[PDB]
Student: 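Sharing a structure, written as structure tokens. Questions coming.
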Amino acid sequence: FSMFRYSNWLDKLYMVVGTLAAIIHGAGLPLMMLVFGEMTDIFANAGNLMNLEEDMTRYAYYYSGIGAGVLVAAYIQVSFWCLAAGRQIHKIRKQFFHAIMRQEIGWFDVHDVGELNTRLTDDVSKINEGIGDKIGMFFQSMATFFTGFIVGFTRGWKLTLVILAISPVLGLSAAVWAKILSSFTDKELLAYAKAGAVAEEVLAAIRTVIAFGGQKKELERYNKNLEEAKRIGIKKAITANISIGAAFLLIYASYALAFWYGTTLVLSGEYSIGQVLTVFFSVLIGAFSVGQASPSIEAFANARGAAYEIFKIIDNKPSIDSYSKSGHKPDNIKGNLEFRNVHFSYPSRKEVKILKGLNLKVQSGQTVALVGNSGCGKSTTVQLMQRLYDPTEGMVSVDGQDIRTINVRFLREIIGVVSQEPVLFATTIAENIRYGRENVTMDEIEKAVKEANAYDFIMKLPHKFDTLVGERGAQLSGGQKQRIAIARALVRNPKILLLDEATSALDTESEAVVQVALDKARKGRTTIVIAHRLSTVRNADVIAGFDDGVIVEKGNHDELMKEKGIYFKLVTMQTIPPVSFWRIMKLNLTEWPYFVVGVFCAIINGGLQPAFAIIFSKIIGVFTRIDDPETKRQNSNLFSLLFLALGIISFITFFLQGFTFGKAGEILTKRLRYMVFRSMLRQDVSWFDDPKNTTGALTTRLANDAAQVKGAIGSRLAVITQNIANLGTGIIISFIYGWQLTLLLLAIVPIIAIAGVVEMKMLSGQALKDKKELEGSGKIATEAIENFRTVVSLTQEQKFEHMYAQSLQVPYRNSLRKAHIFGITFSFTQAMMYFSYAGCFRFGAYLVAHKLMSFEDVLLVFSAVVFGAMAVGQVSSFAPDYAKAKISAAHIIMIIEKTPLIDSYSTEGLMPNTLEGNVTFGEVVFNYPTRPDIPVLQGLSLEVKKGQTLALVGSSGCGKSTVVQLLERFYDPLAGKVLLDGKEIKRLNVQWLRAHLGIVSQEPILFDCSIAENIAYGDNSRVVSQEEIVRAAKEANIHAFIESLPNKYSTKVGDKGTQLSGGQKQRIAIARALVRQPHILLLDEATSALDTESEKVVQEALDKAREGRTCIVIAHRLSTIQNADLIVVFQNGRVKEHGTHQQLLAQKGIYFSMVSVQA
Ligand SMILES: CC[C@]1(O)C[C@@H]2CN(CCc3c([nH]c4ccccc34)[C@@](C(=O)OC)(c3cc4c(cc3OC)N(C)[C@H]3[C@@](O)(C(=O)OC)[C@H](OC(C)=O)[C@]5(CC)C=CCN6CC[C@]43[C@@H]65)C2)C1
Ligand SMILES: CC[C@]1(O)C[C@@H]2CN(CCc3c([nH]c4ccccc34)[C@@](C(=O)OC)(c3cc4c(cc3OC)N(C)[C@H]3[C@@](O)(C(=O)OC)[C@H](OC(C)=O)[C@]5(CC)C=CCN6CC[C@]43[C@@H]65)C2)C1
Ligand SMILES: Nc1ncnc2c1ncn2[C@@H]1O[C@H](COP(=O)(O)OP(=O)(O)OP(=O)(O)O)[C@@H](O)[C@H]1O
Ligand SMILES: Nc1ncnc2c1ncn2[C@@H]1O[C@H](COP(=O)(O)OP(=O)(O)OP(=O)(O)O)[C@@H](O)[C@H]1O
Ligand SMILES: [Mg+2]
Ligand SMILES: [Mg+2]
């Protein structure tokens, strides 16, 4: 795939013409230098002696002409190329969505929905970035390179050879530097990936860590990793700065050598100095445009893969052509389905066969139904019924004709399908119903909604035919949604209607009306029903028993019952923070002996450019002086050597300039992370529960932060320093040497700087705000791709595609306008730069002709100002992006400055010696901070005495774990008092309490460490001797299990407990909890899924240690209730049953009912 631009042959006119324009623009610059060379000679000749006004004026005319030529050529290239890119991208996006909507259902099953959606959303943008702007830039760069070498050879015979001989050395050195930088970057990536794995492991189990209060250990480990992270980061920054310095040094060495040799030759009577100027400038500019081209080829290579994938999808041909119009289109469709030996297997799992052959004939006006055990395949049966799939081995026909023979669209349009969980499109209810059929009028909608028995629901909500189905728009009830879907199906005027789990839950009266309407449609429409309610099959015209992919039962309900088949058995069983640089300089603490050196080096570097202008103007002036003794040679030689120094110093300072800055930033990282992380732990778990603080989000903020803030502070300061130094020094020194020309160039500078920044951003940031419009239009794509099943079911694909086309045409013209605007901007910038030469040198000719200054002086001012503006633009655009960095810095400032309500880091809390162990919850009422309105506690109460075996029971999911979580003060209680030993719980030491108690989660978490260390992790603040760990393990009865394993406890835990089985993992967790010997123990489903003997051993250990050790127990096994000292049952946030197990059993009810159900 190298030629994938494959649309709008006429648009190819833009492709070539723009390219052509690029060529000339690329060639424009060396030509401009050519004349400049000759131009200089004129001055050098004229000063060596007058009619300079006319010659200067005609050269300025040449410059203006070439400038206008560029003003046309650059605009043409950029505009035309972006036009072609935009048009092709629009066409390919339309075709891509069209192809996706045409794919087969099984293909969607295999291919991830989110991957495909993000593919559409991002790869098209990648292709857009891979053509238009970048291609124009590449062609212009290559043209500039070629033309520069051509000019060098033509006007230069020996100097060009030496320059082009030096160039490959520069190329090799730069490539080596880039490779070294990439290697260092990858090594640092891995080095920090270590610490990042550690951070992920600690954060993902924040509940356990905060419960055990192991904050210190985790923080110490993270600091340990951060040390190596910082070391390698410092190495990387040093290497990057040294590479920059080496590039500078090589460039200035080339300058020195070229001017040395050219001065030698010209002193030897060779071509004039102007010839040297033109040849050197042109050759170097070409030999650096060659490298300037590379980003474009990188972008094109990137886009090649996206194009490959997208075209591979597009060219895919599906067997079930949902769009093919060649299929038969029967009209007199008498209701009749006939499946013969129908065998099927899901394409995702071809090995597993669901249907093992099936025969079934259903005649017109028949109510057929399917019944079977779990996995009976009824759902797959109906799916294959609508022709969504094809029969693996068998045949299916409608009205006596094979299903395949008929057109897929025609067959689909005559089949109503209602799933077990319909969802409506996020739009108006009228639109949702209209999606059933296009040619449907509001009267038809009224009739359908009346039939579905929902007119009251529609007329109750405001905007009957206008209520949207978006966020809070689609708040309709499940029954209301089912009614809406039924109405949609009815509006389809289908022949065959299939339904499954029609009206699960909710009032049956709505189910009654739904069934009545379905029966009324049954008068003429064949029906298939997958319903669990007995009444559904009570009047069913026929019921078929699908078990193990075999249809056995055949007959009415009475007939099947008389055979005592599975039907009878089933029936019986039924029975944007604000930031600021002043407030953001938190690194000054570790920056005082660093920022001073940084600013010093930056000042030196900035002044370096005006020094180069001084030397350049002096060298040129060494030949405009008429004295012309032999000393000129020496003079030139001397100046040449200065370049080398002007080069060498540049490297040295840079080596220091990075070392103070690169290190500084790195240092800041080692603080900021160690601060950020340190702040994260000292926080309330509620904050973690929020979706904003997802583990991935926290690790991204804690990892993709160093470079951000480092840039925002250090790089901003350094770039600003260098910019101000360079430009201010240039302006001042220009004013000293000449006034009028300095004023004119000062007037022109801002245009040059704007042009430089825009050119630098041309190849980087072409698509920034387009993503907004793309997302705005992509709601349709997300709808269709996510909900594709219903879309294909009711054949609404065409309307969705047309809607997408409109939504995409909304920004299409905007994209074309953006293309034209960018082209005009770039072209005007280039032309303004070219006119700068003409204006400045014409004014200089005027000045010199009146002895206002020496040509050396005007050249000095011109070079100083122009090159200063261009270099300041370049260095400003080379820095890492600031706005994103400032935003990230502000975000992390918010994170670090955040102070928790439960200051676990705070040591303020009553710490009485020992504890009585009486836990009292009175009118305890609280709700999750995520959903405070929904109550989790309803004034529940619980009184527990010292060493009292308390058991908690209730409906699964009632909020049992909520009480345990509150015991750790993870979430504050809205109402009621929680007291330990008759004391204010909140008034106690939060850390002291969290250490005193002990809790085993319903799903204990184990860190990747040695078993001994993991067990000892339970009790922090003091190393637990191996004897204590062994005793605890024996108490939990796992010591033998660990000793059996190789290396004993010394085994390294596999990822996610890979090495150890969950059964042993739960026992290990129990041992860890018991190690601390907590005053109060909390076990939540401690039995879980394990051997009953393991639960017996754990209970025996707890009972042995139970005395003087209060316990709270939750589980779904009744055995735990037998030995409970006291029992309690939670009911809707209120404890209903209180007392002993025997007393509760005698008072038959919730406890007795639960025991009977389970037992
Ligand atoms: C205003 C446009 C521009 O100036 C165009 C280039 C990139 N930037 C400016 C900064 C810049 C350039 N060179 C610098 C040296 C030190 C400090 C800064 C620079 C610029 C150049 O050569 O000067 C005219 C340049 C830079 C590069 C550059 C090209 C380039 O213009 C010639 N390449 C894209 C890379 C580079 O790694 C590469 O792979 O070349 C194919 C390249 O090495 C070479 C020459 O091979 C080089 C040169 C320093 C090596 C290591 C770091 N990478 C990052 C990008 C790359 C550079 C010029 C913006
Ligand atoms: C309309 C935007 C723009 O085209 C962007 C630049 C500046 N001007 C256009 C004219 C221009 C540029 N170069 C010219 C040479 C002679 C005459 C005119 C030019 C421009 C370029 O090279 O486009 C390919 C450019 C030029 C430079 C340029 C950047 C640049 O844009 C790519 N650099 C700022 C300097 C430069 O010397 C420097 O930054 O180091 C001190 C730079 O060398 C390095 C290390 O990049 C370089 C270009 C290779 C080298 C030798 C002479 N110095 C003086 C100015 C500087 C240049 C391009 C306006
Ligand atoms: N794309 C798929 N690929 C493979 N198996 C699938 C796929 N979709 C579903 N299955 C499973 O394959 C089996 C096919 O049975 P099917 O679900 O059609 O019948 P069912 O008894 O009506 O199902 P259910 O219990 O979901 O109501 C089920 O276990 C189903 O969960
Ligand atoms: N992060 C959370 N934020 C808010 N509510 C939550 C969160 N996690 C779970 N819940 C809700 O809290 C209740 C959890 O019940 P809890 O675990 O406390 O008791 P349980 O009887 O052991 O039940 P289960 O183990 O099924 O959750 C459920 O309502 C669940 O929806
Ligand atoms: Mg099913
Ligand atoms: Mg629970």
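Heads up, chain A uses the PDB entry numbers, so what you see runs 37-85, 105-630, 692-1275. FYI, side chains are in, hydrogens and waters are out, and symmetry mates aren't considered; it's all heavy atoms of this structure. Start at 1 and go down the list; that is how both ligands and their atoms are numbered.
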Student: At ligand 1, which drug is present?
Tutor: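 Its PDB name is vinblastine.
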Student: For vinblastine (ligand 1) in this structure, which bound macromolecule has the most atom pairs within 4.5 Å, going by the PDB entry?
Tutor: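 By the greatest number of contacts, it's ATP-dependent translocase ABCB1.
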Student: Can you help me figure out which UniProt domain of chain A most of the residues touching vinblastine (ligand 1) belong to?
Tutor: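 Those residues are mainly in the UniProt domain ABC transmembrane type-1 1.
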Student: In the deposited model, what is the covalent attachment point of vinblastine (ligand 1) (residue and atom)?
Tutor: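 The entry shows no covalent bond.
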Student: With a non-hydrogen cut-off of 4.0 Å, which transmembrane segments of chain A touch vinblastine (ligand 1), numbering them from the N terminus as UniProt lists them?
Tutor: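 Counting from the N terminus per UniProt, segments 4, 5, 6, 12 have a heavy atom in range.
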